[PDB]
S.K.: 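This file holds Trehalose monomycolate exporter MmpL3 with rimonabant bound.
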Amino acid sequence: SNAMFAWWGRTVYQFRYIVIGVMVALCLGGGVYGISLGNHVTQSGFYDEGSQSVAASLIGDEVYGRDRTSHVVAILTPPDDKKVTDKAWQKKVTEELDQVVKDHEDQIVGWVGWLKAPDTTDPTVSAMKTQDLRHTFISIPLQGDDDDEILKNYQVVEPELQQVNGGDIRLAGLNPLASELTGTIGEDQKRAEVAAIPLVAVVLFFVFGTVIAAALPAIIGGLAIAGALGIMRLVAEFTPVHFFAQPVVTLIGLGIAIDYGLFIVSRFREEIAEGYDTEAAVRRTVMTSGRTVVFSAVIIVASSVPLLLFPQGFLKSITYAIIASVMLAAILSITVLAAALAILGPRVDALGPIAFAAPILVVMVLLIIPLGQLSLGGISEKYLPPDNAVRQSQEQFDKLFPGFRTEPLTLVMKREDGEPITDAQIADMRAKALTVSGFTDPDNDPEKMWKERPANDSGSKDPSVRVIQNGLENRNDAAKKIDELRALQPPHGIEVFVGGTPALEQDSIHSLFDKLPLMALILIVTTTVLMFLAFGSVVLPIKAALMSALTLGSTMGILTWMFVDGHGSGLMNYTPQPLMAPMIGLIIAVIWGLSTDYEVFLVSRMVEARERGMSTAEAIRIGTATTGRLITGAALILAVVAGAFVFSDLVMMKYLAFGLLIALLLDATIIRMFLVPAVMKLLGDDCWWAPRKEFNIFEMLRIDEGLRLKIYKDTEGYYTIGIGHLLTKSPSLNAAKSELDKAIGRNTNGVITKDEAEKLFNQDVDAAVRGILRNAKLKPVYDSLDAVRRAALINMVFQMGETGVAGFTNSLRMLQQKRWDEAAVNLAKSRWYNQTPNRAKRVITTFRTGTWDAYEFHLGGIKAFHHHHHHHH
Ligand SMILES: CCCCCCCCCCCCOC[C@H]1O[C@H](O[C@H]2O[C@H](CO)[C@@H](O)[C@H](O)[C@H]2O)[C@H](O)[C@@H](O)[C@@H]1O
Ligand SMILES: CCCCCCCCCCCCOC[C@H]1O[C@H](O[C@H]2O[C@H](CO)[C@@H](O)[C@H](O)[C@H]2O)[C@H](O)[C@@H](O)[C@@H]1O
Ligand SMILES: CCCCCCCCCCCCOC[C@H]1O[C@H](O[C@H]2O[C@H](CO)[C@@H](O)[C@H](O)[C@H]2O)[C@H](O)[C@@H](O)[C@@H]1O
Ligand SMILES: Cc1c(C(=O)NN2CCCCC2)nn(-c2ccc(Cl)cc2Cl)c1-c1ccc(Cl)cc1
Ligand SMILES: NC(=O)CN(CC(=O)O)CC(=O)O
Ligand SMILES: NC(=O)CN(CC(=O)O)CC(=O)O
């Protein structure tokens, strides 16, 4: 979990050109493929595919024919205050309808209404005119055998349909609504493009203050959107992908991808500032923030995968879109972006107590409970704003022609014997149905209840299956009534499925509450276990768990307060109503994933700040201080993009956009600035509790002068051993062993162990220090600098002796005055740099940054061994 990133940090620099070359190609390549996604999405996926109501629907459609009476209904109004019985007006509007049908029989079944045969004596067909005879409504059924294909047929037809009767015609019903709701997806996209993008740019340019560093996270976000669209278009080949998946790509793209790059470009900028070369800088960015971004991605994946337990194809498409977008953004941010930073380098900056935890926990259990007012429902026309025209057409359809809009509950019966269902068997099942109270009798007659479902040409008309249906008299009674009709023991040899839109809707709701317990368990445990792996603590996952658990109930609290009870509904032009039931599942996961993502970008920095070597109090203030500006900048970029989506006409889109605004504002202030810094010193030293090598001068000179466990001849021809330790200049090898035996204290016959070399090396060091402390030109600088920077100066004394490095009077002076950059530049102009660059560049870098990094990740190995000065004996 800590060396692969060092592995990848090195190689993304070596092959930086092909890396930026291939994945930009594929993302753009995915972009051209993915643009077609909108023509391969579905509106279906809100019900439970394994439910008995879905079985009841499936069987009922197959046998009786899909119900198409609610597809399109159109209200007609004669102009100039003529009345619909005007035979001239009648003649002109029907021949217009007849012409629309003949032009579009591949999409229109036909049109039916009182306007056909206006001399009829039918009570219901005469109920298609109003009493003042100034409005009449026709029903216009259409071709197709899934929702999607039928909607694409309505949109071909309605331009030519809206113009009948000189435009004085209002279109309502299933397909007009579905068209308006699915049409909000496209409008919310263009509002993101227009408002969020420039706003995001401004926030970036304020966080970085320079064009190049600001433009990079924007280009990453663009590439992730292009790549994720290509992936989801590919997923479309194999399984239906809901409409709602496309806005999810845009969100994560403009939001998380851009925020991922903000964290990385910011970390590259700091490492440049601390004196690291750019290829050093790229490696340590990947090893820290790249690891943080990667583990952020897997956390979010760990939070969205649990939604795959729910059956709705709607939640599955969304889950796939989160997964694809999020890690494409992680992968993009440590490939395309890192390679870019490796190419440019510094030119990214080229252009222009209990006193606060208590009165806050009080107000967040304050908000958790407005829940319990939470109610759930299906799609109605109320998902649109009240001034929306087609919603108004529906609401006046149901005012002028009441009683045609129905949601009958269905008892689909089938006998797998295969032979017909006799009249006594349905009279049987009918009798069992009148058992249950709560159903409608416009006839005051039980004998006229539970009529057969109507049947049309699309139906197979198999005799071994019959459907009877009857509307409900109060739909809030539906869940229990449905359970009651299923409790009926069927006749002998028949299976009875309970159908109807209230059965589909209710069965969907029952599946969520049935799998919601386990979903909550998987989610919080895997996120918990994950954070234990990211830090090594066992309380910092548990501190994050109950904070996240609390910002969840509070945000759900406000949302119910706003969308069930309506506080803000008049302001923001939405109707208060029960929530789309699978929206609760989606909202829970994404908000949980957001709360725990905040607790990694802040705490993983102070986990880093403390493992370096510090106590608590400061580690948290370092962590909070260095991340303070970045997390707000990241917070505002999310808040900007989400703020565009709160103005969506579709009320489930507003619900979700608001959930994130309330959630990311609550954590970017109340939690991050106040509550957990409080609890982070409150329980202050066991933050890092869990039940389950430092570099040094030995290891650095081992790299620069080698480590040899048996006598060898150096470049000059002299017998050497260990770390550059000269034994003798005698040609006799026996004289070298005689001296090696003397130095170690035993018969070596030319070989020592590692610890023996270490004991020999230390003696050489001690002699080098004694010399340094006895030179007027080296001792003052030597005293000036720290343990690491002293090792670099001892290295020089080893390679060239005291007189040698004492000749660097300027650079030693600059080092004494802590002017590291000036000394690094001056020393690199020496002759010692050009003769032994790999070691001089390595040593100078240690003066610049004051750490071992040039030695912990070094190039190749050395091939020319040379005994150092200050060989002790
Ligand atoms: C981006 C957000 C978009 C918002 C969503 C738009 C709301 C419009 C809802 C229109 C649905 C048409 O409802 C009318 C139909 O419903 C059921 O069939 C539907 O339910 C079955 C089991 O699910 C499927 O197998 C059928 O294919 C499927 O047509 C009935 O069995 C049909 O007799 C009836 O014709
Ligand atoms: C969420 C949005 C919800 C939208 C709500 C909108 C609901 C609208 C329901 C419309 C019900 C229309 O009613 C349909 C009627 O017309 C048909 O009969 C006709 O059949 C022959 C056609 O050639 C002719 O002989 C005669 O015109 C006639 O008898 C059917 O047999 C019956 O079904 C019913 O009588
Ligand atoms: C700081 C950021 C730097 C770079 C950010 C730029 C990202 C661009 C915003 C989103 C990417 C381009 O659009 C992505 C979306 O559009 C596609 O095509 C459609 O685009 C319009 C839809 O309203 C119509 O004009 C067309 O009918 C139709 O083909 C897809 O159908 C959608 O699935 C997809 O979501
Ligand atoms: C899980 C998450 C996060 C998150 O943890 N972000 N982390 C990133 C690193 C820094 C700390 C915050 N953000 N967003 C997000 C994305 C776009 C916008 Cl417009 C607003 C937001 Cl809230 C979402 C998210 C994911 C899926 C959906 Cl369907 C909706 C929202
Ligand atoms: N790096 C050094 O200090 C060597 N100096 C020589 C000196 O200061 O005596 C060369 C210079 O003036 O830059
Ligand atoms: N062959 C080597 O690696 C010797 N080194 C010099 C040394 O290690 O003393 C060459 C260099 O660093 O440029």
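One is the number of the first residue; the rest follow in order along the sequence. Every number for a ligand or one of its atoms is a count from 1 in the order of the listing. The analysis underlying the following values was restricted to heavy atoms, covering all of them including side chains, and did not include hydrogens, waters or symmetry mates.
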S.K.: Which ligands or chains in the shown structure match rimonabant?
M.R.: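 In this structure, ligand 4.
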S.K.: Mind pulling out the residues near rimonabant (ligand 4)? I'm using a 4.0 Å cut-off on non-hydrogen atoms.
M.R.: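 The heavy-atom contacts are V248, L251, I256, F263, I322, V590, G593, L594, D597, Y598, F601, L638, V641, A642, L660.
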S.K.: I'd love to know the UniProt transmembrane segments of chain A, N terminus first, that have a heavy atom less than 4.0 Å from rimonabant (ligand 4).
M.R.: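 From the N terminus in UniProt order, heavy-atom contact shows up in 4, 6, 10, 11, 12.
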S.K.: Please list every residue in chain A that UniProt marks as binding SQ109 and that has a heavy atom under 4.0 Å from rimonabant (ligand 4).
M.R.: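 In chain A, UniProt ones with a heavy atom near rimonabant (ligand 4): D597.
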